[PDB]
Structure formats: C-alpha cells, structure tokens
Participant: 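Okay, here's the structure, questions in a sec.
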Amino acid sequence: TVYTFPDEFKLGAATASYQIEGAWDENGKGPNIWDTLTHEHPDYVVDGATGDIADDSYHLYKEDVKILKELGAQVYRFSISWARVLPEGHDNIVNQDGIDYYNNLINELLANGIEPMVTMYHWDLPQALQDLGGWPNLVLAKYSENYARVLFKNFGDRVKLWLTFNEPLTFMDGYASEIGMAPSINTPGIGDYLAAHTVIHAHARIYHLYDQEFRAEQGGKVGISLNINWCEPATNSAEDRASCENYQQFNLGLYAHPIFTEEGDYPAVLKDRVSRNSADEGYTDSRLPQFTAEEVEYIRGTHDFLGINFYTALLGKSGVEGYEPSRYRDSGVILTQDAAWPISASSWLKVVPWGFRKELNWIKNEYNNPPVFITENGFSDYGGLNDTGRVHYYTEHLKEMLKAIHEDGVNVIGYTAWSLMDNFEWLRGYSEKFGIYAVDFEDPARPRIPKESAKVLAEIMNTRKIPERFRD
Ligand SMILES: OC[C@H]1NC[C@H](O)[C@@H](O)[C@@H]1O
Ligand SMILES: [Cl-]
Ligand code: NA
C-alpha cells in the first residue's frame, strides 16, 4: 500500500515557456526580461547562453506531446509567455499567433489524453512592464489581472488547473542582485519585499477574477506554486529549531501565510524581525510593506490547492548572517549544507529525500492539510542517458511522498517531474541538465531522447507503484 499511488493521484511532467519555447521574437511576440538579460548581459549566464531557440517548443510542441504520451503523463504542467500573448504587456493588443499557439498545444494534449496545467507567470515579464519598475510597482497587480482574464477567456474552457505564479520566492530575488535573475536589480531587503507584496496582491486579484467571471462556467481550480527547502536543525537544540521555523516562515510563509491561513497577513515573525531591523538601522518606515485589514481579508482564502516545488534541504542554526539589508539577514538563521549529502550538478541542490516528507508534514500542520500538488521535483547532472543519480532521486522522493500520503495523512493530489526535457536552466544556460528526456542543443532539430529516468518514470506511471527493485 505505501508503494501504490492513490487512484485519483495525477502524475506527469513540467516545463516553462522561456526555458523551452524559443521563437523569442517570432510572429508578434514582444520582448521579456529574459530576452533582455540574455541579450544585454551574456556575462551573467554560463556560456553566454540564450533562450532564443532553447528546445524550439514553439515549433516542436507536437514532439513534446509525443514524448508525454510515451511517458504516460496524465498531466503536463507548462507556462504561458505573457509577452507572446500580450506583446505590450498591457491588454490593449492580443497577439492572435500566441493565442493560436497555446490553443494548438492544449488541443494536442487533450487529443492525446493529457490534461493541461497552466502556469500564468514563470518569470518572463514583458519588458514594457519592467520599464515601469516591474514587480516592486504595485500597478502590476491590475496588469496581472488583465493578463489572467485573457487566459481564462481564451483557454479556460479546456484548462481546469491553473497556477498564478511560479516561485515568487525565487523571482523576487531578481530585485536583490545586480548580476542575478532577471531583471538583475540590486535592491536587496527593499525591492524584493515590494515585489513579493505585488505578487500576493496580483495572485489574489486573479483568484477573485476567476470566482467572479469564470468559475461557474469553467469549473476549474486556481493555485500558486511555492518553492521551499526543508531546513533541518543543525543540532537538536530549541535554539536551532527556532531558526528553522524562521526559515520556513521567511521562505514559504512569506507567501503562504497571507493566502493559506485563516488569519492571513504575513507571518508575525517576518513582520516583527523586519520592523526591528529597520528601526535599528535608522529607517523611519519598516522595509516590509503592509497590508491593510481589508487587504488581509481579500487575500486570505484565495486558493483551491497549494502547488509545491521541492528539491532539497539545508541545515539551519541559530544566528544571523548576510548583508544588511537582505531577506536572508532578516530571516535569523545560519544556513549550511551537510557534506555527506549526495551532490548534483547544481551547487544549491543536494539529495535529501527525507526532507521532502518533513516539509510535507510541516505544510500539513501549518496550513491545515491543504490539497498539495507537487508542481516540481527533479535533479541535475551534466549530461548522459544512463542517469542513475536522477533515477535514484526520483524513486527516493516518490517513496518519501508516498509515506507522507499513506503514513502521515498528507493530502498530496498530484506530482509533475521537473523537467520533461533538458532546457534553458536560467543563469546556468544549458550546462545543467534537469530533463528526463535529453535534448541535443547542437542539432537544429532538437531531438528529444529518453534517459533511463524517463523509462523508470514511465514504468511508475504505468504500474501506479514503486517497482520492487527500488523498495527499501
Ligand atoms: O532549477 C531547477 C528548476 N527549479 C525551479 C524553477 O521553477 C524551474 O524553472 C527551474 O528550472
Ligand atoms: Cl525486479
Ligand atoms: Na482576447
């Protein structure tokens, strides 16, 4: 039993638009902040790589569906490129080519028995909106509502699973470094918090929009994909446990407390630590933006499920480090990695499968066991088809998730592996491979070929169980 998936549980794979599509300026698509970063700042990216072509999924979407069908995916999580649909960011111009493209993909999926799950925003903000300041500027919440309306109107008759945002904890960091994630702005501890605030408002507007204008007719579900690392106490002390709770609240709680709790608002520890630090540094005003009571009420409850991206764990101990000001310094935890944990091709990603189970329990307890869809989980290497590290990563993480479901009563409802295929890995370019299918980026045809992990995941999806040879 502990090795069998629940009958209704949905298994599949995931991608994101900038990472796979290419066709960056084709057929009316407007420029986004990743076009800007990779074109103007190739020095920020391994190999000076760009997403100009990537997997060429704009042209090769039928090949993506073919490999999903081979895999036996029940669900395909993909994102929509805002600037492909609304090239000016604002809703004055709708690019019919973009509408046609995503309709083509959706219809191809459905014709092949695969359910679409759509992420509205996976980091590719139109440059015209970044030019207003991007996410730190609250005007983007209404622009996001208007973008979502176009998506619901055009696609919501066939799409029943939506994610407003992917990893705002990550993309807010594009406002906390001059050389990092797009738009590569250095306002740590100030602009990243403003970005988070706008995102939360935008998410809430989109959810309410769905309720008001679409739900009765379309009958789907709207969630959000939040990333979180497990944070294990470095020692068993109460002090180290406190630091790990700080981590959860400063990483997951930043977004999930306003949305997924009965109380709403930011976590108290977030408000209090930033207020104190801001005062001690001489600011008249806290660096953390505030919600009014009316806003708190509007934002809380804006969810039909919780999307989780899970990859790894850290060790946390009591203390403070990082630059002043910064979210890390504000969070009041000293983070490290255990040298014993297996490595990947990504400095940040160590293999800690039991951390997945711990995180799922933390979520269950904090948010009253919301339905959780694992929207990403995966592993990097530098290349190769005999990807034993990736196979082990998946089988162990899936076993831990199944224990969370069956032993711990966590309401996990689905899982999409990151990623269907090797793709543009942001600042790492094509150097770090996350796919279960390999792609030859030197071959203009971009063939997708199965790795061992694709074969093992197909076996899992077909049999609906963890095969005996991978059991403890
Ligand atoms: O870093 C791996 C993977 N993690 C999370 C992101 O959502 C995805 O875009 C990225 O490729
Ligand atoms: Cl066997
Ligand atoms: Na329209």
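In this chain, numbering begins with 1 at the start of the sequence shown. Every number for a ligand or one of its atoms is a count from 1 in the order of the listing. These values consider heavy atoms only, across backbone and side chains, with no hydrogens, waters or symmetry-generated copies.
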Participant: Please provide the name that the PDB entry uses for the chief contact partner of ligand 1.
Facilitator: Beta-glucosidase
Participant: Which option, L-captopril, 1-deoxynojirimycin, LY354740, 9-cis-retinoic acid, matches the molecule at ligand 1?
Facilitator: 1-deoxynojirimycin
Participant: Report all residues and nucleotides of other chains within 4.0 Å of 1-deoxynojirimycin (non-hydrogen atoms).
Facilitator: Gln19, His122, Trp123, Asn166, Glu167, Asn309, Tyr311, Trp348, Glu376, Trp418, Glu425, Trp426, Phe434
Participant: N/O of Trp123 under 3.5 Å from N/O of 1-deoxynojirimycin, yes or no?
Facilitator: no
Participant: So is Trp348 polar-close to 1-deoxynojirimycin, meaning N/O to N/O under 3.5 Å?
Facilitator: no
Participant: Which 1-deoxynojirimycin atoms are under 4.0 Å away from a heavy-atom of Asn166?
Facilitator: 7 (O)
Participant: Students should be able to answer this: which protein heavy-atom is nearest to atom 10 (C) of 1-deoxynojirimycin, and at what distance?
Facilitator: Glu425 OE1, 3.6 Å
Participant: Starting from atom 8 (C) of 1-deoxynojirimycin, find the nearest protein heavy-atom neighbour and note its residue, name and distance.
Facilitator: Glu376 OE1, 3.5 Å
Participant: Any idea which atoms of 1-deoxynojirimycin are less than 4.0 Å away from a heavy-atom of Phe434?
Facilitator: 1 (O), 2 (C)
Participant: Could you check the entry and tell me where chain A comes from?
Facilitator: Neotermes koshunensis
Participant: Can you sort out which atoms of 1-deoxynojirimycin are near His122, meaning under 4.0 Å from one of its heavy atoms?
Facilitator: 6 (C), 7 (O), 8 (C), 9 (O)
Participant: Among all the protein's non-hydrogen atoms, which is closest to atom 3 (C) of 1-deoxynojirimycin, and how far away is it?
Facilitator: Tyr311 OH, 3.3 Å
Participant: When you measure from atom 9 (O) of 1-deoxynojirimycin to every protein heavy atom, which one gives the shortest distance, and what is it?
Facilitator: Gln19 OE1, 2.6 Å
Participant: Give a table of atom pairs where an N or O of 1-deoxynojirimycin lies under 3.5 Å from a protein N or O.
Facilitator:
| residue | atom | partner | partner atom | Å |
| --- | --- | --- | --- | --- |
| 1-deoxynojirimycin | 1 (O) | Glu425 | OE2 | 2.6 |
| 1-deoxynojirimycin | 4 (N) | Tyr311 | OH | 3.2 |
| 1-deoxynojirimycin | 4 (N) | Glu376 | OE1 | 3.2 |
| 1-deoxynojirimycin | 7 (O) | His122 | NE2 | 3.2 |
| 1-deoxynojirimycin | 7 (O) | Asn166 | ND2 | 2.8 |
| 1-deoxynojirimycin | 7 (O) | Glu376 | OE1 | 3.0 |
| 1-deoxynojirimycin | 7 (O) | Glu376 | OE2 | 2.7 |
| 1-deoxynojirimycin | 9 (O) | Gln19 | OE1 | 2.6 |
| 1-deoxynojirimycin | 9 (O) | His122 | NE2 | 2.9 |
| 1-deoxynojirimycin | 9 (O) | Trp426 | NE1 | 2.9 |
| 1-deoxynojirimycin | 11 (O) | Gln19 | NE2 | 3.0 |
| 1-deoxynojirimycin | 11 (O) | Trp418 | NE1 | 3.2 |
| 1-deoxynojirimycin | 11 (O) | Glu425 | OE1 | 2.7 |

